[PDB]
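Structure of simeprevir in complex with Solute carrier organic anion transporter family member 1B1.
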Amino acid sequence: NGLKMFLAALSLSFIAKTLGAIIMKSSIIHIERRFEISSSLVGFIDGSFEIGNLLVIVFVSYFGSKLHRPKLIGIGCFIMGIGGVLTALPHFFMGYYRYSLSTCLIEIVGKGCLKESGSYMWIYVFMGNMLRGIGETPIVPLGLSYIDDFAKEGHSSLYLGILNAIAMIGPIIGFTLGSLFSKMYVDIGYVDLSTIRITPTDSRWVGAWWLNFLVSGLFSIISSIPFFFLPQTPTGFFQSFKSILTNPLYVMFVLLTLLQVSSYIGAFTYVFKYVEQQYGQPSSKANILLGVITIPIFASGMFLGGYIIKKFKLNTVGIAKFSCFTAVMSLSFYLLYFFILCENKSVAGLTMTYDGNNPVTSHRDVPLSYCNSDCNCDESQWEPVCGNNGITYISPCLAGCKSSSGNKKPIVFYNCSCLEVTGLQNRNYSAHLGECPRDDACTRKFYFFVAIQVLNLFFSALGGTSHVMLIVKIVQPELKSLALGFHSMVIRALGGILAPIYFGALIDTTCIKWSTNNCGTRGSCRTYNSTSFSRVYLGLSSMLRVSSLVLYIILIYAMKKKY
Ligand SMILES: COc1ccc2c(O[C@@H]3C[C@H]4C(=O)N[C@]5(C(=O)NS(=O)(=O)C6CC6)C[C@H]5/C=C\CCCCN(C)C(=O)[C@@H]4C3)cc(-c3nc(C(C)C)cs3)nc2c1C
Ligand SMILES: *[C@@H]1O[C@H](CO)[C@@H](O[C@@H]2O[C@H](CO)[C@@H](O)[C@H](O)[C@H]2NC(C)=O)[C@H](O)[C@H]1NC(C)=O
Ligand SMILES: *[C@@H]1O[C@H](CO)[C@@H](O)[C@H](O)[C@H]1NC(C)=O
């Protein structure tokens, strides 16, 4: 079978590598409640995976190429697997877990601090998590380099497309098992599950991070086994690392992809938030289904992109042109989102006054209306109640409603002072709990967003394999492994970490309501002005793509001249 055998082992690693990445996020919430660790330190534990990966990825790629490549992938995979077991050890070494809107009137940090003194189990998760990052280093730079050197004729692109196609399954298997395990209690098998009172919907409930990280670890350990058997074939660092740079086509190409990948990565991280705020439509009904139909199409694009490159005879200049064509199409489709925007959310007490007689320019220092003034209720509390009129209110207490139907279900307030607007005395002022449902005309618009979103992703998916394929050709044959590593480090150090963080900083200015944390001045933002959020999130995302497209035109001219 020649190089085909190697592909099978590599594809298995790709499923394992992606599985490790998704699992940490799918269980991160459970870990915090279980270890009685401070919220601040939590980001740090999540960060542990990234630092391990970034620190060793550039060094290993250059050094790794000289050494045999099949085995190395194996050592790293194997290390990853040990980390997975290492990450979940605490559960086996810790005792049994211990549990411990309104009508108008008319300590966690301390626990962590105690734990911090001397030695605590939170260090174990961090250590183990870092091991996964170290283990990841030789899966893409060393592995991808091997396929290119020994591929026959122009077949390398097609093989890469297949691996990505297989790689997409990783998250799929990971959400099934990941969520399924969450339904299982953390000490399953140890404690009699008939006495545990907390429920999977309960805040207290702690998920099985130990089985969540055990399956990934076991999967990674088993995945390594084929590699060891495989045959080898079917001042040095500083000098070489410099040569990767001062290579006009290559240097701008890495900056070019940092900007484009950041836009895509940034968009993916906040798309659910954007969809929820702009169209009211929740991800609860969206992500649950749209997140599915999407996987095969995204996977289909990756394979098709690889196939298109393989079938046609494409040179290095040709590949770039094809990559640019996807980018032009992606941006044009991306630019279409601005046209399809619903009207701004109307909330009493923020965009407009509680009475609703006239709008207020600034949400801050909003003077309470007469209906609002009669009831003395806290401004900070948030409880979106939808009135008969259709105007959202900050809280039922703020609305002036003093009656409830019982605790059985959202109690349509018997009367609401603000809701019963002048001219409709007969009409009821009762309100229903939950964010006001968006108007029927707007819902139709939503679908337009989702249809283009799937379509845009597919076009992005078509060119997704191109970035990796293009990079190998421009750089000299000797440094292929290193070039990918430097590019991989740059994409996952800035695109991976900086993009969401600066997006959040930029996005927050638009936000109009701040939830009050016990310690933090601002913990979460309840609602964002829709036009401001749309203009800023899409605009920043689009601006990056426009810059990305501009680089391609400059690059194409440069590439054509050299070749
Ligand atoms: C790490 O976690 C992520 C990261 C990014 C994701 C992403 O954004 C895009 C997919 C992602 C990617 O190709 N992922 C994989 C891969 O193979 N990268 S690669 O570099 O190997 C490839 C050869 C070029 C499997 C990950 C391996 C390494 C990531 C490399 C980081 C830089 N990079 C190229 C990206 O982030 C890209 C951008 C999209 C998605 C999607 N999720 C859905 C579902 C769940 C609703 C639809 S699309 N998941 C992602 C996950 C989970
Ligand atoms: C709104 O509140 C009023 C007062 O509690 C409700 O009931 C009556 O008020 C009128 C005028 O005083 C009279 O019919 C009686 O004094 C009250 N008893 C009833 C129930 O008739 C009114 O029904 C409420 N409207 C709602 C629930 O939308
Ligand atoms: C609203 O109140 C009116 C009486 O004013 C009553 O006839 C009607 O059935 C009520 N409808 C709802 C939605 O409770």
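Chain A residue numbers are taken from the PDB entry; in order, the displayed residues are 25-124, 139-144, 156-283, 323-651. Atoms within a ligand are numbered from 1 in the order they appear, just like the ligands themselves.
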Indicate which ligands or chains correspond to simeprevir. ligand 1
Heavy-atom distance under 4.0 Å from simeprevir: which UniProt transmembrane segments of chain A, counted from the N terminus, qualify? 1, 5, 7, 8, 10, 11
